[PDB]
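Order of the sequence lines fixes the chain letters, A, B, ..., with proteins taken first and strands second; residue numbering starts at 1 for each chain. Whatever order the structure lists ligands and atoms in, that order sets their numbers, starting from 1. For the numbers below, each heavy atom of this structure counts, side chains included, while hydrogens, waters and symmetry mates do not. Determination method: X-ray crystallography, 2.5 Å.
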Amino acid sequence: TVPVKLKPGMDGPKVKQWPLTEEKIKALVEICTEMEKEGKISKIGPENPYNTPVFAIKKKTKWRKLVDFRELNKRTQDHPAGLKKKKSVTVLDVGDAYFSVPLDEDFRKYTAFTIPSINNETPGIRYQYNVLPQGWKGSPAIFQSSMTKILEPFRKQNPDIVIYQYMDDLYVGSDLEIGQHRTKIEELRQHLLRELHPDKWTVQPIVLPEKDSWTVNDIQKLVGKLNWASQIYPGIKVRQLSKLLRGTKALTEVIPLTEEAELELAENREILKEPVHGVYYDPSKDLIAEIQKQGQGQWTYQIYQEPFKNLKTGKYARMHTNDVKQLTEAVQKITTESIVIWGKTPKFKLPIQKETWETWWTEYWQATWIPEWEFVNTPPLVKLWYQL
Amino acid sequence: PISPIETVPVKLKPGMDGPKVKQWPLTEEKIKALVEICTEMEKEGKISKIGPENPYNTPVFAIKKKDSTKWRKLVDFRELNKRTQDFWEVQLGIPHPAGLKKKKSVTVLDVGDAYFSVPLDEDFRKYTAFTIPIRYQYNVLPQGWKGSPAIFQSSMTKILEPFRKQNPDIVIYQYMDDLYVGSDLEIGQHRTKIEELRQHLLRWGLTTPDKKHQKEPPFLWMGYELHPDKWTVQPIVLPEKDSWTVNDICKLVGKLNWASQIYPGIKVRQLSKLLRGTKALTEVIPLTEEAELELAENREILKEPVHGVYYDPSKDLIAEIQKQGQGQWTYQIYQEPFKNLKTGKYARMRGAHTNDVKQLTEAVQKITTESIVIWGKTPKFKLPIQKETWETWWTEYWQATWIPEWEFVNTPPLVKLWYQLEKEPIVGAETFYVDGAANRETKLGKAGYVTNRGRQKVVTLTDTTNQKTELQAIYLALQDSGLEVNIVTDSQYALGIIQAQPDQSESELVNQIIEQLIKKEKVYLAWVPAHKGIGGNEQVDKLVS
DNA sequence: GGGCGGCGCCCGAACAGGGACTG
DNA sequence: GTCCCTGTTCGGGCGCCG
Ligand SMILES: Nc1nc(=O)n([C@@H]2CS[C@H](COP(=O)(O)OP(=O)(O)OP(=O)(O)O)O2)cc1F
Ligand SMILES: [Mg+2]
Ligand SMILES: [Mg+2]
C-alpha cells in the first residue's frame, strides 16, 4: 500500500448520520454484508471517533452505496480541453476497480461510517474500509497508474477518443455517429475487464425587454437592471435613459423614448452580446455556482470565481412539479458541465431552506459524486436580473 | 459473571494522566451500601484491590435505584472524562412504540448488573482507582465514565449478532440493557426461543434475572405500557404549585413536551416565553395571563384518557396538521381515521419574519424527518390550506419549496396569505417615493416620502438605523395613502422583507407595517438603485438627508 | 444531592455572510 | 474597513430512557 496522510493540523471527519428510509437501509445492509464477506470493510467500535454519512441510490432494481466523503476529501492531503467539444460523451462508472487495491492501515480509521436502524431498534452498526473506497479523493490518485496501464491500448487504437477520469467516472467523448459511439463504448466496457452532448451546451445571456410603449415603471426597472449589469459590462450607460425620469412622476405614466435614449438602449443591447472581459480560470480557487428559481420550471445559474467575473451563465428549463427534485437535477447538470469543462466541481449557493434540501435531496440524486453547497436567502433583485 | 467478550481498547488524550481527586465525606448508610457492593464485586473479580503503586483516585457515591432498596454505585469521573479520548456514540435515537408492529408474542427482559459484566481495557483500569471509606480499581465498566454507554451498547450489539443472524424473524429492540423481544410464534414456541436467547446471553456473561422478566401484558417498556393492540404512556404528574420558579417552569415544559407525543393540543410557547434572560434557576417568575390560560388548557387536556396503536406496514401513514395561534401547530399521525399512531407539536420561530405557509412547510419537514426515523417512510399529509393558496405561494416565492403528497382538510383556522403584492403598477394609485437616512454617529435619522401629486412628509427619529428608517418610510407611506398605493423604495432590505409576505414578526415596526398592508386593497412595491439621480427618489433622498 | 450517554425543547452567545455607508 | 441585520451552531438548563 501507499501511505496517505491528512493535511497538517487537521483531524478526521466527525459528521453525524442522517435518517434513512427502510429501502435504503435494507440495500445498505445487503451491500455491506457482501463487502464484509469479501474483505472490503470491517466492523469497528466506538473507540474510533470518526464518522461519515452513508446512503444509497437506485438507478434505472440495482442499488449503489454512496458515502459522503466531502469532509474526508476536504481533509485529505492534495485536463482535456477537447472533451467539452466532442459530439457525444458517455459516463461510465468504474468505481469497482478501487476495491482491488488495499488501503493504508493507519488511514482506515478515517473512513468510518454507521448504518442506522429503523425506529432505533438497534444501535448504529459501524464499519471502516480496508480498500480504496468509492468517492474518496485518494482512490483515483492511487489507482491512476493502474488505470493508465489499463487504458493505454484502447487510447492507442482510438487516438480521436477522449477518455477523462473524474473521481469514480470515465467520461468518454467521440465525434462519430450514435450507434457506433455505443459500439465503441461497448468495446471499452469489454476492455475494462482486465449520454451527454457537450457541443450543444449554450450560454444564456442577459436580454433587455423590447416594447413599443414605456411607462415610468418600465424605465425604472430597465435602469435598475442596466445599473446592475454595468458591474459586469462597463460599457453599459444609463444617463440618457435616466434623463427621462426627472421629476416625481406616476408609475403608469407613458414616457416616449427620445432619440438619445433609443440609441443608448440599442448600444446596451449590443454590449450585452460581447463576452465578459478578463475572466481567467483559477485552479487554486473554488468554482461558485449560484442558482435562481425563475418560476414555471425555469432556473438560471452562473458559475464564477470572483464577483461579476462569470465563467459561465446558463439555464435549466423544465415544464404538478417538484421544486426540490428540479433543483437537484439542475445541480447535477451544472456539476456535470463543470466537470467536463474544468475537471472540478463547484460549490453551490442553493436557494432553498437547509432542512427542506437535507430532507429530500437524496431521493433524486443519481451521481457518484457530491459537491459542496451552502444555502442562501436569495434576493429577488438578482432573480429579476437574469430573467428571460 | 463476566462476559468473555473482547475488550474495547481505549486511551487517554495525548499528554494527559489519570485523575487524582480526593474522596468526599459520605453518609454511613451510603458507606455500608458501598462496602457490601464492593465486597460482592471483589469476590467476583469485577473490582481489584490496589496498593500505593496506583497514584490515581476519583470520588465515589451511591444513589437509590428505581427498585425498592437497591443502591446504584456511581463514580464522579468528570476529571477522567475530561482526560479520556473521544468516542463516536452508537445510540442514534430513542425507539418509539408507534413504530412497533403487531406481534403474536412479546417478552421484555433486563440484564442484571449490565455494566459490571462487560470487561474493561486492562491498560485503562489503572485510572479507575477509588477508595471506599480500602482502595479498588475497576476491571469492568464503571457508572460515571463517559465511555461506558457506547462501549456497552456496541458490546451488546456484538453479543446479539449471532442470535439475530440465526433468528432473523425474532425482533429484538435493544435499548441499553432492556430488551423487547417480539415474535409471530405461538406462546410455547416463543418461550422456547426466549430461553434460547437467555442461554445465548448467559454464554456471553449476561444474566437475565426473573424479577425483571416480563411475560404478560401490560409490558412496562421505555416509559410506556404496551398492551396487545394499544399502548399508553405511564402517567404524567404535572406540578401544581402556587409559586413558580424558573426550574419549575423548565420541569413543567419538559413534562408537557413529553406528553405531546400522545396528547393532542399541547402548547408550551407562552410558558417558554417566561424564560427570556432569566439569570438562575431559583428566579421566581410570575405567570403571565396568557401563560396562565395556556397552562389551564394543557391541564384540562391532560385529564382525558388517550392511547396509541401499533404500525401496520401494509397501510398508509397519514399525518394531519392543525394550527393554533402564536406560531404553534399540532399533528396526529394515524392509519385508521380515529386511531393515532402518535401526536406531536411544532412551535419553532425560524427567522425574524415569517408567515403561516412557511411554518406549515417547516412543520411538514419536521414530521417527514420524524416519520423517516420511526417508520422508515414518508406519510401522506392532510393540511388546512387550499390548493390554490399553496399554488400562489410556491409560484410567487423565489425559494425552492415543496410539500409531499397532500390533500386539503376543511378544519379551520385555514392557512392563508393575508395580503398580496401586485405584479404590475396600479393605475389610479398615488405614487409614493420613500426614503430614510440615518447618521451612524449620532443615531439620529429621518424617514419620509414625496408623491407624484405634490405631497411630501418627513419624520425625525432618534436612536435608529438606516434599515429602520427605510422601514419607517415605507410605514409612513402606508399610513398616509389611500386603499391603493404604488411605493418605490430605496432599500432592498425592506423590499426583501415585504416581498416574502410576513404576517408575524418580532419587530414591532414590521408588525405595524403588516397591519397597514392587510388594511390595504392593492399595494405595488418597486425598487430603484439609490444615489443615481432617479426621480423622484432623488427628491426624497435630498429631503431626508 | 451528585456521575454517564442518547434523544427532545427553548434560549442566549458566538460566529459568518452580505448590504449600506464616509469622505 | 464599521455598523447593522439575519441565519447557524453549540452549549446551558429542564424533560424522557437506560
Ligand atoms: N441512572 C443511571 N445511570 C447509569 O449509568 N445507568 C447505567 C446505564 S444502563 C446500566 C444498567 O445497569 P444495571 O444492570 O447494573 O442496573 P439496573 O438498575 O438497570 O438493573 P439491575 O438492578 O442490575 O437489575 O446502568 C443506568 C441508570 F439508570
Ligand atoms: Mg439491568
Ligand atoms: Mg435609501
Inset, instruction - Give the PDB name of the drug at ligand 1. - result: FTC-TP
Legend entry - FTC-TP: macromolecule with most heavy-atom contacts, named per the PDB entry: Reverse transcriptase/ribonuclease H
Inset, instruction - Return the chain letters whose heavy atoms come under 4.0 Å from FTC-TP, other chains only. - result: B, C, D
Legend entry - Numbering as shown, the atoms of FTC-TP that approach B:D110 to under 4.0 Å (heavy-atom distance): 20 (O), 24 (O)
Legend entry - Proximity of B:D177 to FTC-TP by residue part, where a heavy atom lies under 4.0 Å: side chain
Legend entry - Name given to DNA chain C in the entry: DNA template 27-mer
Legend entry - Numbering as shown, the atoms of FTC-TP that approach B:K212 to under 4.0 Å (heavy-atom distance): 17 (P), 18 (O), 20 (O), 21 (P), 22 (O), 24 (O)
Inset, instruction - Check each of B:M176, B:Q153, B:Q143 against atom 7 (C) of FTC-TP and report the one with the nearest heavy atom. - result: B:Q143
Inset, instruction - May I ask you to check whether B:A114 has an N/O atom sitting below 3.5 Å from an N/O atom of FTC-TP? - result: yes
Inset, instruction - Name the ligands and ions, other than FTC-TP, that lie under 4.0 Å from that drug. - result: ligand 2 (magnesium ion)
Inset, instruction - Please say whether B:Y115 places an N or O atom under 3.5 Å from an N or O atom belonging to FTC-TP. - result: no
Inset, instruction - Name every other-chain residue that has a non-hydrogen atom under 4.0 Å from FTC-TP. - result: B:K65, B:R72, B:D110, B:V111, B:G112, B:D113, B:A114, B:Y115, B:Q143, B:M176, B:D177, B:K212, C:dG3, C:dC4, D:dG18
